[PDB]
Amino acid sequence: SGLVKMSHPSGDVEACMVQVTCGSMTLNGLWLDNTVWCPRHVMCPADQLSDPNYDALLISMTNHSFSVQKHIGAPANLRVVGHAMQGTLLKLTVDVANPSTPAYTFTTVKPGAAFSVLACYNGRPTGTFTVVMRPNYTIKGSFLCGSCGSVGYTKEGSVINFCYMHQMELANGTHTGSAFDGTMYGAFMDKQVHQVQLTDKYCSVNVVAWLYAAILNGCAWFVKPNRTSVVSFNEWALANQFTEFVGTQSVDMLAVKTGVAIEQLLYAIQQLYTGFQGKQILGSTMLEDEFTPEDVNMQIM
Amino acid sequence: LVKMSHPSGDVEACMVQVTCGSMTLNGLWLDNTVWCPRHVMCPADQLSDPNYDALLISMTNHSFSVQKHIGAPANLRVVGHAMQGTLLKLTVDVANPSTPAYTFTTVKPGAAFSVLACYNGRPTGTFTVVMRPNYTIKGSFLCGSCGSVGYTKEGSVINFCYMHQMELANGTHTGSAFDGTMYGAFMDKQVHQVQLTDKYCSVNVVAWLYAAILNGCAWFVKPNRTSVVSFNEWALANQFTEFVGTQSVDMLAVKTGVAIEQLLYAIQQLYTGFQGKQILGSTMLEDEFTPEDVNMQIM
Ligand SMILES: CC(C)(C)[C@H](NC(=O)C(F)(F)F)C(=O)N1C[C@H]2[C@@H]([C@H]1C(=O)N[C@H](C=N)C[C@@H]1CCNC1=O)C2(C)C
């Protein structure tokens, strides 16, 4: 069917991973120029992790409280000379700028958008994969203990956009983290207390993209003349666990290429949601919302 | 359970662009050798059935050009060309300073490897595939992707196992092992070629059922068992591969209590239909996760 889960080559980001340690707590960090980023629950002792006091934990610290090492590529003479708190992240200043710092930005990711994740353990990259920010502001990653501070990113021209630093696993196999302004996706708390997510929805625009990808690979039995307006679809969606459909130029390109209108697919989504009646789309019997329109454009062209 | 692949920095440092006349594609730069698919020598017109022996003869001392775009750029000087099955070994006068420790393996069907997709010698994407029972992969490759490289990483050693060569009649792909021989014996020539029928990788379906049981979804576990011998006889007539168990599958059986043979019987049932229910959110047998996947990701 042509659609694999593709990630950005991780070499750029691999060169920026470090191990942050704070006493005997240790996790992963991002070394960009003279700054190391890592989640702030590294100051916390396991005992006090159930209801900690980060401002208290912070004034407790000085530069000497933190140690940063680099285990990958050229070794790791790193002296912390500054430290600040920023939302749920620590902002350490180190005395050596990273020579491997890529061109980069900090931007928050919206639901339905896809990014690449570099899973790291003790400052060592181990695996990469790709996730879609869910409507309930979680991601379904593969994160084992020691993975906090793993980094999520997308790439533009030469510009890496860092968008996600791992922090937590909720009661399902479900993860959340921070943007690089310190805020947490979905407003979860970096405290080991029971926290429930909101119910998830389908990303409508991605389901439309996948449907276009089927029409592009000669699977179009679900296409009829009938149409549902966008405004009509978004009303129906509020009551059916579906996100507002918001069009883009990527979607529009697929509409022109296949010659099938958005409104035709919004209608089909409404019929396929009640069940495929035992037929198959691209090898599947359920709606798929993990491929963005940009992905279909890249892979199917 | 996510489709997860090896971080690619090491392999990115070995990708280069090989150029021959008016043809260009990717190559791999190890020590003093650049590997790449031999049809770089074939003019676009004459791919229909080429004479690779003649083409290598017609090569001169500057018929090949190799550029490194990633990292510190460089023009590498070719100082010798050899063929080996469906690959060229070009010798260059500079050794890749970023050559990692590597080996040249050949994936058996069912095995998963990481792919680094390149265009014009620049990496653009990485994904993971399982070598299919019919020796194709379901990749995402466009034109210019030839010479893209598949690998696994045992410890700190990179196991190079695939160099990409062609797209078959469906959206399916195949390429060379690094001994120059093409998975599935497809030919590097532009002709219609028949792939054999695919099959489910029995041991991966077994792995996936274990990942279900590990995650609470154990409804399909009845006390009935089918023996490996029995199942294998059944597989020959139900599009399944011969089951060959491993120490990795045994880990899943020990940390679970369910025997390999119970799940072999379950597969004979689930093949007929899920009877309404679902396993890990699915209504079909999943066979793209290996026992090592389930071990690593549900430790
Ligand atoms: C798809 C096409 C009809 C063009 C053809 N297929 C068959 O000829 C078949 F029918 F035999 F398979 C085919 O792939 N090629 C024709 C010619 C080389 C190869 C080729 O251009 N390969 C590129 C990788 N080296 C990548 C391709 C580009 C499209 N997507 C890919 O992955 C050789 C087989 C020697």
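Below, chain A is the first sequence line, B the second, and so on; all start at residue 1. The way this entry was determined, per its header, is X-ray crystallography, 2.5 Å. For the numbers below, each heavy atom of this structure counts, side chains included, while hydrogens, waters and symmetry mates do not. In each ligand, atom 1 is the first atom listed, and ligand 1 is the first ligand listed.
- The compound at ligand 1, a drug or drug candidate, is named nirmatrelvir (bound form).
- Here the macromolecule with the greatest number of atom pairs within 4.5 Å of nirmatrelvir (bound form) is listed in the PDB entry as 3C-like proteinase.
- With heavy atoms closer than 4.0 Å, the chains neighbouring nirmatrelvir (bound form) read B.
- Measured on heavy atoms with a 4.0 Å cut-off, the binding site of nirmatrelvir (bound form) is B:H39, B:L47, B:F141, B:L142, B:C143, B:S145, B:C146, B:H164, B:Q165, B:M166, B:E167, B:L168, B:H173, B:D188, B:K189, B:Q190, B:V191, B:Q193.
- Below 4.0 Å from some heavy atom of B:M166 lie the following atoms of nirmatrelvir (bound form), by number and element: 9 (C), 11 (F), 12 (F), 14 (O), 22 (N), 34 (C).
- Residue-ligand proximity, B:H173 to nirmatrelvir (bound form), at heavy-atom distances under 4.0 Å covers atoms 32 (O).
- Atoms of nirmatrelvir (bound form) lying under 4.0 Å from any heavy atom of B:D188, numbered from 1 in the order shown and given with element: 35 (C).
- For nirmatrelvir (bound form) and B:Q193, the ligand atoms under 4.0 Å from any heavy atom of the residue are 11 (F).
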